[PDB]
Amino acid sequence: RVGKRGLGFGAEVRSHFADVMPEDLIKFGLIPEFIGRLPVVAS
Amino acid sequence: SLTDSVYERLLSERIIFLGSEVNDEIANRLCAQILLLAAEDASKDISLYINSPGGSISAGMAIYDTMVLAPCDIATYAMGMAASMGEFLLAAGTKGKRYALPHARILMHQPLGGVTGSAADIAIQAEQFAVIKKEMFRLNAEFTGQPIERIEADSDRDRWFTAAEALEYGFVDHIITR
Amino acid sequence: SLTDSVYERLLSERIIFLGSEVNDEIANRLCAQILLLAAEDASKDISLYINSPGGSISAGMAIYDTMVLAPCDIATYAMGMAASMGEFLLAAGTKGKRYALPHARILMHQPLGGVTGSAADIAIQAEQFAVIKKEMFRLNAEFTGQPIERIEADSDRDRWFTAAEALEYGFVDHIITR
Amino acid sequence: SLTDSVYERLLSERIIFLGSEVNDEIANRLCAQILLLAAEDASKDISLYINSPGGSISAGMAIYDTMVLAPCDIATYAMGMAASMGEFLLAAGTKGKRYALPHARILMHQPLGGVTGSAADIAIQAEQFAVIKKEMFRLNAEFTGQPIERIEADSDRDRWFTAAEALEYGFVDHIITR
Amino acid sequence: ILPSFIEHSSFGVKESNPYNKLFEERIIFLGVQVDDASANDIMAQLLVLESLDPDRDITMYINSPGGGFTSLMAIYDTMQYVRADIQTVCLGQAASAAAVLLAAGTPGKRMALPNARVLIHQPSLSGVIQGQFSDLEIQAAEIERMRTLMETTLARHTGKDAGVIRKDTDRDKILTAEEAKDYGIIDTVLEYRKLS
Amino acid sequence: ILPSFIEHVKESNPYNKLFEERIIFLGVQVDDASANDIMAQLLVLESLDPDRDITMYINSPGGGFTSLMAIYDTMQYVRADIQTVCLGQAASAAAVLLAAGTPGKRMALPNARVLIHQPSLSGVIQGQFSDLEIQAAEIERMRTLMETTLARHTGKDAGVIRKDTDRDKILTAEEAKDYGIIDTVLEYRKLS
Amino acid sequence: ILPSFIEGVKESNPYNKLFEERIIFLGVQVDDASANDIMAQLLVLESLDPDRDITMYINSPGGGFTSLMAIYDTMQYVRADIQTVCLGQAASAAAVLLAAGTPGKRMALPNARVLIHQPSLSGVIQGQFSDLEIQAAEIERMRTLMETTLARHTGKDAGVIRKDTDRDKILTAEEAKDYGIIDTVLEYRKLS
Amino acid sequence: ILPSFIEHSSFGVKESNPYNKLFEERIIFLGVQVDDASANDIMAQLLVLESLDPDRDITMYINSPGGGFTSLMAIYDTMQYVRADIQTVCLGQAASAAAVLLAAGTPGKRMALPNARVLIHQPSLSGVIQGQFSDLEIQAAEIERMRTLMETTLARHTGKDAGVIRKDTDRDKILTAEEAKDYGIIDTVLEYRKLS
Amino acid sequence: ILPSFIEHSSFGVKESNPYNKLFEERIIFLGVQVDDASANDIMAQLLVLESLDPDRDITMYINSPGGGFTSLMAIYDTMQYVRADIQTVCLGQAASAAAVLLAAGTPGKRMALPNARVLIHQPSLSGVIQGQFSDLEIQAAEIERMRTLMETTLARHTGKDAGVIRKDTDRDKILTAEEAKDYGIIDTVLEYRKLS
Amino acid sequence: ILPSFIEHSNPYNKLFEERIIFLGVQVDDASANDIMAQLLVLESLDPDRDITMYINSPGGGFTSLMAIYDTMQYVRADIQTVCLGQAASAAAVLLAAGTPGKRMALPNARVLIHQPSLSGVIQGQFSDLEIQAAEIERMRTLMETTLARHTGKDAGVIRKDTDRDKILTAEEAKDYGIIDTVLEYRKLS
Ligand SMILES: CC(C)C[C@H](NC(=O)[C@H](Cc1ccccc1)NC(=O)c1cnccn1)B(O)O
Ligand SMILES: CC(C)C[C@H](NC(=O)[C@H](Cc1ccccc1)NC(=O)c1cnccn1)B(O)O
Ligand SMILES: CC(C)C[C@H](NC(=O)[C@H](Cc1ccccc1)NC(=O)c1cnccn1)B(O)O
Ligand SMILES: CC(C)C[C@H](NC(=O)[C@H](Cc1ccccc1)NC(=O)c1cnccn1)B(O)O
Ligand SMILES: CC(C)C[C@H](NC(=O)[C@H](Cc1ccccc1)NC(=O)c1cnccn1)B(O)O
Ligand SMILES: CC(C)C[C@H](NC(=O)[C@H](Cc1ccccc1)NC(=O)c1cnccn1)B(O)O
Ligand SMILES: CC(C)C[C@H](NC(=O)[C@H](Cc1ccccc1)NC(=O)c1cnccn1)B(O)O
Ligand SMILES: CC(C)C[C@H](NC(=O)[C@H](Cc1ccccc1)NC(=O)c1cnccn1)B(O)O
Ligand SMILES: CC(C)C[C@H](NC(=O)[C@H](Cc1ccccc1)NC(=O)c1cnccn1)B(O)O
């Protein structure tokens, strides 16, 4: 996700644990209810 | 060639050979030989020895027309095999002069062919296949003296004849036994 | 060869054979034979026996031009099969001298061919196919005495003729019955 | 052979045939026949009957050079088909003596060929293709009396001619109608 | 080559090729020649989609060059059998059997694309079928059975007389989409819906 | 192309979805490998439920005779009734398998073709005349067995099967119902 | 044409549902690769339970002799009784495998044909006459081994097998029961 | 060779090409000759990507020698149909039919890499179509309809007169990327964007 | 044979060949002949490796006989397009198009192992292109356009004049690794980094 | 047929995860790219563990040879070449290309060395053929200097030996210098 560039001849390719979002943790397997009950992220 | 030399010396004795399948090449040289021999003598018989597995109808109809239109009699000789067009041209000989050698075999059957192309083309081919098969059966009925319904039923698949069976059926007039 | 020897002896009797498909090889030797026989006698008829499944238009147009430009009459003879270019050259004979042997078959149909290449090439091929088919139908209308619209409609697919049907239609002038 | 025998008897009457594609084999025997007939009589015309789908340029240029360098006139005859190298050699005949038989067809088009090999080889082939096509169009312009720009535009794809159209265009000098 | 995507549906992480995705939206795809192996596929898909929902329309895309007659009438009968209406869309060509399957869709629901080609012609034997003249009399009465059945089929679906189909399918009658709409193979040329 | 659709983990084509609904599909020519497939499917569906009937779809140009009688005997062996539906064509063996279904349960689509003919040999079988008179007693065994098989199922005399299969007797669906090969020309169920 | 129920789990086509029910299937010709397949299945089913009967289905045209005796030995080796069932045909080497079942357990469908014939060379084996003397003593050994194999299993004299397999002897199901190749002809089990 | 893993997850045998990665970013890939099977693939992907998001632009990569005309107009119509704008990018070549698809992108969105060529020419018949002269007159009216339809397609996408397309596609007209921009096949010769 | 080893990944289990293990490390193999399907694969890899990190250098291992010119310029333009620097390493051979792709790496990053062949030659027509002389003068001006473009391409990557490329590529100018460094196709004869 | 055993995987997967690259097919561009992919994978997995290369190959193309040869010499790992049955032509050069001391051969393995050949006929003008013949002498000299630096023999001695097919046994290839030890059988009985 951090590093999700555009792919191919079209869109631009300029468009650790500290860049974490729940979009990453839903992809990990944490349900979005579990994540919002954990507002603070230490890394 | 030797084979052409023996055939040339038998052409001089008015003995011609239908020895292959009746395609247009063998038919045209037989038609040429009948036209050549009827030009030499219009009163001496042509001996047509037939060892043929049959062939094209229109090629054999060329031979059959050249046989009939020749002013001389065409004595035909079933020599080993007279199948399909070869039995036709055998039975197409001058009556009284159609011979089977005593171990020749005569195969009478309906015409084979092939349908191809569009449905309008095949309807024309089948219409012409009905014309060819009716005309081929009419002439085999005329040659053998059999009814045309007898020729239709018997030619439906391969019907084989010995020399003695072809004599009774009407393809030949004599069995040569010397 | 024997086959060439019989054809040579019938060439001496002014009897030539269209016995194959009309390709350029058979056409050029027929054109050569017509040029040879018209050089020998310009007043004796050439008998052209035709047992042909048809062939190239331009090859048969070479024969047809050599037949017309020969000072002697070209008697044509449908022998077994006068199909396509073979019916054309049959009907191209001298009028009064076009013969069908009584079991010959005449097949009149429109020209076959093939389109290939680019779209600009095929537009030229089709333009020339319309020229060839109009000219082939004009001459079959001239030969048979049929209207050109009659030839167009009848040659659209294969139209078969017996000897008696070709006599009525106009391809031949007589049916030989000797 | 019979076919060689008729061609030999027409070679005696100074009638030679371009009846195939113009490859080096047919060209060399035509060049040999023109050299043979010009050695026999240097004053009697050679009749070149052309039923040709065209062929190699250099093979037909061998014939065209042997036609021009022959001291006798080469009467050319479009017989059925004078296409490509065959229209060239037709139009290469002696002026006043180029004939089309009235149903011959004349096909004039630019040379065909093939490029192959490396880019330096193909640049040489294309340079030589421009030389061949300019020389072939120059001679067809010289033969027919057409402008070279007229020959360039018309030969760009297949351009077909009837006998009457080839007479107007300039390939032949007469249409034989006997 | 056919790239495969992933669908996050009620489940998610479900790998799907575009052809499974067409079939999930009840689109049967006839893009290959109509032979037995293709007709076997389409008839299986027509019966699956009838079973999944017999009320929703099955869409049939036709990019076929056409083919076998019994494979044609296998697909044809299954298109007519199912309770679902068939929406035939022509994509490129519908030739031979395919144009009959294109006309075989539900009236009102037969579409082509504006540059689609509809090629109707009479049945032909592929290659020479040989045999005795009694065999060939059967095979020729059979292709006249096939020719009449094709024209009877195109008469039901174009609204033309079967003799008019017979005169038109003498040669290759190539229709464009607007010409096949006026003929009755389709009745919608299906205008493009691009937003620009 | 043949798509699939994921059920529930499992990936099923429409042929699986047919087969789970007791539908065996004869869609290719009857050779050994296809007959082996059909017989395996006939025994699986009989084991799953020998009382729920098996449906056999036949879109087939026919084929080998021993592959025919392999399918035929297995269709007759299984406890389940066989519902044969003809789809487009059933030629030769396929028409014998079409007639081989349970009486009352033999269907054809309205434009299906039913082609019956005597057995043949593909190409020439070489051999001595003792070999050939055995191969010809065999093709007569195959011809008589096929005409007997069509006599059990069409309700006709085997001598009348023999006169009809002299050439290709090609039947439509209505002509095959009158003949006895099918029992029902399957009418369309389109809602419109 | 075969419905595979695909799925990371077992695939389960109908041949798996034959093999789990201890039915080995021989429907292809008996070449090396098929014989290798059958022997792998005969050993696996022996190891799963050596007391339950292995069933062998035979729809084979036959094939090579060493591939025959590969299957034959493994059928005779395993502790499980082999139940051979003929489907359609058991020709050539496959008739020997059909007779190679356990006595009482050799079955055939009613319209299954059983073809027995002496071994033949596939094509022409070239060589010197000492090479061909070896190859002819070999096929005579193959012929004698096939006859004594059919002598063991049909209960006949090997000279009777020699006179009968001189040409192609095609047996029907009832004729193979009288001969000794199968033990029972399977009756149809249909409830209709 | 193409690097691609199979993740299983006990739900699938899930394949991951780089083409699957391109298709996720709405890049349809025409890299083979336009035949039926290619056209069938491309149209199925255009309709999937229209359904996934009809607003985002489909990108079509074209590295193709070009092929059949009805397969061409199959892809062409499905391009012109979908609500998504189509970004056509030429890779290496767009010849024959593939140059028509290259011009068939949305105006302003037709790209070519700088050393790509664009080969336009008139339709041909690969091989010889045999037949009677009535059959060939049908097949030649067809190849002229194909030629006229290709020219009027290239007329409405290049802004040229269709007669100018006649005189240009009389032979092979190979354009470069910049020559196809001046001609109107593409709208942008795509600049390199390397960091160094 | 190629062993597809298994990596325990997030999604259940990932099964990967050695090519995908290296594709995760920005490593591309041009190891097949450069045809359309090869060029299609390499362009898909080069774009995917650009989108994952456009600043991490891509390594293109080249063991190729070379091939088609448009497939060449498809790979070439995509190598020049991507934001990531391309590290071309020659293995064994880079012949024809492959030597152009070897020279097409980022300057300073074009390697060849010491026994790698680098073969440059002018483009050739494989087989014989038939046709009229107007067709062939198009096909010959095209292969002169291909020859000039390849010499122009090898000019700005080897730092030579395109005329100097033209005299050299008249025949097969076959270079070793050290001869291709002096020529300018590679920048470094890549020394063996074996630890013994 | 190749029986597998999943999650313990076929036998080539099990050899590869134990760092055994396999060359049993002929050396062409396809097999070279496979081996060079595997050499670069096993270098990236651990560069300090030996890669073992099994050679049952009849040999093949020279540029496919020197592709594998260079990559074997390129990777940080030591290459352990074992000859299995045969190492003919190009594959005997790869057999000699292992790390010294780590070139094994099975006792009945054949090692066949010969000079490079052109398979078939390369047509062309005499200037094309003068290039192709200076190239096959480039390939011949490079192969002999490659076998010179790995067998310890003079390159002219390699040239006289590879005049014809020099078939070596396992023990003859040890005395020649292609392999370093003939691998003794270690069966417990
Ligand atoms: C007495 C009858 C059966 C004559 C038989 N003739 C045919 O069946 C021949 C066999 C043949 C020969 C050459 C080329 C093609 C076909 N059939 C024909 O010539 C034929 C077929 N269909 C229409 C018109 N003629 B014979 O050759 O079996
Ligand atoms: C004579 C006409 C009316 C009927 C048939 N003739 C043709 O159409 C022939 C058949 C043929 C023969 C040899 C080579 C190629 C084609 N067609 C031509 O020669 C032909 C075709 N297109 C343009 C110009 N000539 B016949 O040969 O069946
Ligand atoms: C009047 C002109 C068009 C003559 C034509 N000649 C050619 O195009 C012939 C066709 C041909 C014949 C034999 C072998 C190869 C090619 N072309 C040539 O001979 C040719 C082709 N390229 C360079 C030099 N000569 B004719 O054959 O179409
Ligand atoms: C016009 C419609 C009815 C179908 C068109 N042609 C046919 O009728 C097809 C053409 C075809 C295709 C594949 C194999 C054999 C024959 N006819 C048949 O399928 C067919 C099959 N058996 C006997 C007679 N006709 B289409 O395939 O061009
Ligand atoms: C008529 C029914 C019973 C079967 C039809 N086909 C056959 O007769 C098939 C055609 C065929 C196939 C291969 C080799 C020889 C012959 N007959 C046989 O299976 C067959 C096999 N061995 C001996 C005799 N006939 B039909 O086409 O399915
Ligand atoms: C008679 C029984 C034993 C087997 C029959 N044929 C043989 O004897 C087979 C021939 C055959 C036939 C079909 C496929 C493969 C091989 N004989 C052999 O395998 C064989 C092999 N090497 C030497 C001698 N015989 B059966 O396959 O027709
Ligand atoms: C120029 C555009 C329209 C397409 C170009 N060629 C065509 O027009 C293609 C060439 C082609 C390709 C594959 C199979 C048969 C024919 N034309 C056709 O698709 C075609 C198909 N049927 C009849 C007539 N033309 B391209 O493929 O060179
Ligand atoms: C020298 C470089 C630029 C290219 C070399 N190969 C070529 O020249 C290739 C070989 C080839 C392939 C197919 C048809 C004709 C020619 N040239 C082409 O790609 C090509 C393709 N179409 C027309 C003209 N040239 B090399 O072998 O990669
Ligand atoms: C002796 C060693 C170096 C290699 C041996 N083979 C070769 O020399 C191989 C055999 C070969 C294969 C394909 C085309 C031409 C020649 N030489 C080459 O790879 C080769 C390829 N192109 C040009 C020159 N040599 B051996 O048989 O593996």
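Naming: A, B, ... by sequence-line order, numbering from 1 per chain. Both ligands and their constituent atoms are indexed starting at 1 by order of listing. Keep in mind that the numbers below use all heavy atoms, side chains included, and drop hydrogens, waters and symmetry copies. This depiction is restricted to one part of the PDB entry, and every contact reported falls within that part.
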*Asks:* Out of curiosity, which chain makes more contacts with ligand 9 than the others? Name from the PDB entry, please.
*Replies:*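 The largest contact count goes to ATP-dependent Clp protease proteolytic subunit 2.
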*Asks:* Specify the drug or drug candidate at ligand 9.
*Replies:*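 It's recorded as bortezomib.
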*Asks:* From which other chains does some heavy atom lie less than 4.0 Å from bortezomib (ligand 9)?
*Replies:*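 Heavy-atom contacts under 4.0 Å involve J.
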*Asks:* Indicate yes or no: does an N/O atom of J:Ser117 lie under 3.5 Å from an N/O atom of bortezomib (ligand 9)?
*Replies:*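 J:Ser117 vs bortezomib (ligand 9): N/O contact under 3.5 Å present.
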*Asks:* For bortezomib (ligand 9), find out whether one of its N or O atoms is nearer than 3.5 Å to an N or O atom of J:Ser89.
*Replies:*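 In this structure, J:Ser89 places an N or O atom under 3.5 Å from an N or O of bortezomib (ligand 9).
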*Asks:* Nearest UniProt active-site residue in chain J to bortezomib (ligand 9), and its heavy-atom distance to 1 Å?
*Replies:*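 In chain J, the nearest UniProt active-site residue by heavy atoms is J:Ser89, 1 Å.
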*Asks:* Pick whichever of I:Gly92, J:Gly60, J:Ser57 has a heavy atom sitting closest to atom 4 (C) of bortezomib (ligand 9).
*Replies:*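 It is J:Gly60 that holds the nearest heavy atom.
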*Asks:* Considering both backbone and side-chain atoms of J:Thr63, is one of its nitrogen or oxygen atoms within less than 3.5 Å of a nitrogen or oxygen in bortezomib (ligand 9)?
*Replies:*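 Checking bortezomib (ligand 9) against J:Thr63, no N or O pair falls under 3.5 Å apart.
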*Asks:* Below a 4.0 angstrom heavy-atom separation, can you tell me which part of J:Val93, side chain or backbone, both or neither, approaches bortezomib (ligand 9)?
*Replies:*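 The answer is neither; J:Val93 stays 4.0 Å or more away.
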*Asks:* Minimum distance, heavy atoms only, to atom 12 (C) of bortezomib (ligand 9): which one of J:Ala87, J:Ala88, J:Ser119 is it?
*Replies:*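 Looking at heavy atoms only, J:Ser119 sits closest to atom 12 (C) of bortezomib (ligand 9).
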*Asks:* Purely on distance, is any nitrogen or oxygen of J:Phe62 under 3.5 Å from one on bortezomib (ligand 9)?
*Replies:*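 In this structure, J:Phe62 places an N or O atom under 3.5 Å from an N or O of bortezomib (ligand 9).
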*Asks:* Is it the side chain, the backbone, both or neither of J:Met139 that has a heavy atom closer than 4.0 Å to bortezomib (ligand 9)?
*Replies:*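 Near bortezomib (ligand 9), J:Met139 shows its side chain, while the N, CA, C and O stay back.
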*Asks:* Does an N or O from J:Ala90, backbone or side chain, lie closer than 3.5 Å to an N or O of bortezomib (ligand 9)?
*Replies:*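 Checking bortezomib (ligand 9) against J:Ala90, an N or O pair does fall under 3.5 Å apart.
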*Asks:* Say whether J:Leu118 and bortezomib (ligand 9) are in contact under the criterion: heavy-atom distance to a ligand atom below 4.0 Å.
*Replies:*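 Distance cut 4.0 Å: J:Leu118 passes for bortezomib (ligand 9).
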*Asks:* Extract every residue of other chains having a heavy atom under 4.0 Å from bortezomib (ligand 9).
*Replies:*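 Counting heavy atoms, the site comprises J:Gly59, J:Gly60, J:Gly61, J:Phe62, J:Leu65, J:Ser89, J:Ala90, J:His114, J:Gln115, J:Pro116, J:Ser117, J:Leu118, J:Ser119, J:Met139, J:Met143.
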*Asks:* Report all N/O contacts between bortezomib (ligand 9) and the protein shorter than 3.5 Å as a table of atom names and distances to 0.1 Å; if there are none, say 'none'.
*Replies:*
from	atom 1	to	atom 2	distance (Å)
bortezomib (ligand 9)	6 (N)	J:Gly60	O	3.0
bortezomib (ligand 9)	8 (O)	J:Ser117	N	3.0
bortezomib (ligand 9)	8 (O)	J:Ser117	O	3.2
bortezomib (ligand 9)	17 (N)	J:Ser117	O	3.2
bortezomib (ligand 9)	19 (O)	J:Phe62	N	2.5
bortezomib (ligand 9)	27 (O)	J:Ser89	OG	2.4
bortezomib (ligand 9)	27 (O)	J:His114	NE2	3.1
bortezomib (ligand 9)	28 (O)	J:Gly60	N	2.5
bortezomib (ligand 9)	28 (O)	J:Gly60	O	2.5
bortezomib (ligand 9)	28 (O)	J:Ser89	OG	2.4
bortezomib (ligand 9)	28 (O)	J:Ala90	N	3.0

